[PDB]
Asks: 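For reference, the structure I am asking about is given below.
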Amino acid sequence: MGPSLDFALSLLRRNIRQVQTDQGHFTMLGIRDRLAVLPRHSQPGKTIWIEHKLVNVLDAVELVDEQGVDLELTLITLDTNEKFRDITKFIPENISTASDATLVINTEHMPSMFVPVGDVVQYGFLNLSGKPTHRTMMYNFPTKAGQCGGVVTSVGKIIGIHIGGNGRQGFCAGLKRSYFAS
Ligand SMILES: CCOC(=O)CC[C@H](C[C@@H]1CCNC1=O)NC(=O)[C@@H](CC(=O)[C@@H](NC(=O)c1cc(C)on1)C(C)C)Cc1ccc(F)cc1
């Protein structure tokens, strides 16, 4: 509710970017330095649109956890002029569920949008259009196409990235701090 909403708003300007790839429109969380995270499904190429600018991509590396499981997110590094404000400290050391979370969407079509998704609960194994992953979490909210990459936040942590849904529920890849270690 209110507390996750205001924390979510504090991330928006400095860290939550509108992007476009050949696959469509996505929300992108910048984490630190020139490092950001996107859904694998966005399939970033050699350039990517960020806000109004076509930006060269330094690399895109699929995020695979310490158990060898693809998390369906890719870590992208960018030929941006400025570094992102470092939000490492807001990514929890442990994958975290949360009550009354906020999902932040920021795309050209859904700009600066805060979605009260309610409680985010453990889900675990998830088969997303035939691609299996784990460590996912679920919220009973009817998320939509165009919300992938959306940032799931608690009172003061960034807990997940929206990756899929079935029309009545939504699912995020869980985040923990070690995923972003250099
Ligand atoms: C570029 C445009 O594409 C997009 O908009 C990305 C947006 C949507 C957001 C969905 C869109 C709808 N409700 C939502 O919240 N995401 C996907 O579509 C994903 C597929 C699903 O959500 C599928 N769901 C399940 O499999 C699923 C399983 C359970 C359990 O619940 N849902 C549905 C398409 C059927 C794409 C994907 C494929 C393979 C993966 F490794 C990982 C992801």
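Going by the PDB entry, the residues shown for chain A are 21-202, listed in order. If you're wondering, the header gives X-ray crystallography, 1.4 Å. Order of appearance sets the numbers: ligands from 1, and atoms from 1 within every ligand.
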Asks: Return the drug name for ligand 1.
Replies: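 Its PDB name is rupintrivir (bound form).
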Asks: Which chain is the chief contact partner of rupintrivir (bound form, ligand 1) here, under the naming of the PDB entry?
Replies: 3C protein
Asks: With a cut-off of 4.0 Å on heavy-atom distances, which residues and nucleotides contact rupintrivir (bound form, ligand 1)?
Replies: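 By heavy-atom distance, those would be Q43, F46, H61, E92, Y143, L146, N147, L148, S149, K151, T163, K164, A165, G166, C168, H182, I183, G184, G185, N186, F191.
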Asks: Return the residue, atom name and 0.1 Å-rounded distance of the protein heavy atom closest to atom 4 (C) of rupintrivir (bound form, ligand 1).
Replies: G166 N, 4.1 Å
Asks: Between rupintrivir (bound form, ligand 1) and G185, is the shortest N or O to N or O distance under 3.5 Å?
Replies: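 Yes, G185 has an N/O under 3.5 Å of an N/O on rupintrivir (bound form, ligand 1).
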Asks: Among all protein heavy atoms, pick out the one at the shortest distance from atom 8 (C) of rupintrivir (bound form, ligand 1); state its residue, atom name and that distance to 0.1 Å.
Replies: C168 SG, 3.1 Å
Asks: Would you mind listing which atoms of rupintrivir (bound form, ligand 1) come within a distance below 4.0 Å of any non-hydrogen atom of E92?
Replies: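 Per the distance check, 41 (F).
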Asks: Does any N or O of rupintrivir (bound form, ligand 1) fall below 3.5 Å from an N or O anywhere on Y143, backbone included?
Replies: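 The answer is no, given that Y143 and rupintrivir (bound form, ligand 1) share no N or O pair closer than 3.5 Å.
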Asks: Could an N or O of rupintrivir (bound form, ligand 1) be found under 3.5 Å from any N or O of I183, whether backbone or side chain?
Replies: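 Yes - when backbone and side-chain N and O of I183 are compared with those of rupintrivir (bound form, ligand 1), one distance drops under 3.5 Å.
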Asks: Would you check whether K151 has a nitrogen or oxygen atom less than 3.5 angstrom from a nitrogen or oxygen atom of rupintrivir (bound form, ligand 1)?
Replies: no
Asks: Protein heavy atoms: any of them under 4.0 Å from atom 18 (O) of rupintrivir (bound form, ligand 1)?
Replies: no
Asks: Could you tell me the residue and atom name of the protein heavy atom closest to atom 31 (O) of rupintrivir (bound form, ligand 1), and the distance to it rounded to 0.1 Å?
Replies: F191 CE1, 3.1 Å
Asks: What source species is reported for chain A in this deposit?
Replies: Enterovirus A71
